[PDB]
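Complex: doxycycline / Alpha-1-antichymotrypsin.
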Amino acid sequence: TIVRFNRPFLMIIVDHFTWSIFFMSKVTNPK
Amino acid sequence: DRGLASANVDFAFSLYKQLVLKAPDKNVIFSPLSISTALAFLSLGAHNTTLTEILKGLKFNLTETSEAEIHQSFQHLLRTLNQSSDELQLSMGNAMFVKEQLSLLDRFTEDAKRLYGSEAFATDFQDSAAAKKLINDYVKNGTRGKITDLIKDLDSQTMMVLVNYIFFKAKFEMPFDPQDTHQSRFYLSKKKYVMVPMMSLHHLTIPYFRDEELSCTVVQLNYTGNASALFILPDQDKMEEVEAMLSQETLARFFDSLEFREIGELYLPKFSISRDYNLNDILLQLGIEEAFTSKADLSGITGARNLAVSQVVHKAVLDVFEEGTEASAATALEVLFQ
Ligand SMILES: C[C@H]1c2cccc(O)c2C(=O)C2=C(O)[C@]3(O)C(=O)C(C(N)=O)=C(O)[C@@H](N(C)C)[C@@H]3[C@@H](O)[C@@H]21
């Protein structure tokens, strides 16, 4: 299986201890 | 507290949808937790409709949790989110910057310190450059240099600014080897592509979920046993479709549906992005309206209905590299006299 983040994607940084979303992002252009 | 947790996740998705609406094709980075915390701090001084509008806008249900329990929940959360290990640094702070002669109620300043960790810094807003430096330096210190000009313009008649910052720096449990980073295509769309530094890992076992109904693939890269990055990769031309399905329910389903899977190759760009926002229009859309008008009741701050919100600003940065991730954000609520 290959997972290739070569197109727009979401990244969500979370903490399980508190069930918190620290940061949410959509990357449409990483350049 | 599962109640705080659910409200904060719901608020995150509501904010995300409206931030995308500003510019649906642009990069997005924000800290929903920073904005929730800053507005909860403001609510400590709010009464009556101003108060209920803030708490309901933050997605709290006042029939299941009182104002006091909400603040107690933020106090607990904040104490947990200041921690340091070799793998993870996290800091969050709150502050108020106040015209020196403005009389503040002792209850408010006591509660702000006890519950939100907020000191009060005397600020001469009529010396706008000095006031902006004081605030921006506080955010620069708290974010270890990563957010430096949160406040650009600041009304010389400002009475108070409430500020939250968050700082996060972590190592991946499975770091990428820089030797395996190479320039590779990134498709901005089916027909537009550029070359970016593309990190890669080989033969790794991580939590994985293919959502065929939503045409997306989900993987989780851990930093520690509690902190992780959930990545959602829509199939080509399905980003808007996936965005349309986002919610607390959908995110929980993604997490519950993850299973460890052997991955032949994972490719992820090395990138650093930054955005800044004025949140007035969004907060009004979310029902937080009286705080911005002459009907505002912030009399828990001063003992009179003599303050209202003028501007809400947010700035956030996200840096992803082979060893880990750094992300920071700050929120300022600027307050005028009335
Ligand atoms: C960190 C949690 C989280 C954070 C922010 C927003 C969220 O919606 C969540 C979750 O929904 C979580 C889950 O549902 C779990 O699946 C979940 O329910 C769960 C649990 N009940 O302890 C888990 O430990 C996780 N599962 C085994 C993969 C996962 C949680 O990690 C996340």
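Residue numbers start from 1 in every chain, and the chains themselves are labelled A, B, ... in the order their sequence lines are given, proteins ahead of strands. When a ligand or atom number is given, it counts from 1 through the structure's own listing order.
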>> Mind listing the other chains that have a non-hydrogen atom under 4.0 Å from doxycycline (ligand 1)?
In response: A, B
> Taking heavy atoms under 4.0 Å, what residues and nucleotides bind doxycycline (ligand 1)?
Replying inline: A:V14, A:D15, A:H16, A:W19, B:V9, B:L251, B:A252, B:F255, B:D256
> Which residue supplies the protein heavy atom nearest to atom 8 (O) of doxycycline (ligand 1), what is that atom called, and how far is it?
Replying inline: B:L251 CD2, 3.4 Å
> Please state which protein non-hydrogen atom is closest to atom 14 (O) of doxycycline (ligand 1) and give its distance, to 0.1 Å?
Replying inline: B:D256 OD1, 3.3 Å
> For atom 9 (C) of doxycycline (ligand 1), what is the nearest protein heavy atom, given as residue, atom name and distance?
Replying inline: A:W19 NE1, 3.3 Å
>> I keep forgetting - what does the PDB call chain B?
In response: Alpha-1-antichymotrypsin
> What's the shortest distance from atom 25 (C) of doxycycline (ligand 1) to any protein heavy atom, and which residue and atom give it?
Replying inline: A:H16 CD2, 4.4 Å
>> Checking a contact table here: which protein heavy atom is nearest atom 28 (C) of doxycycline (ligand 1), and how many Å away?
In response: B:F255 O, 3.3 Å
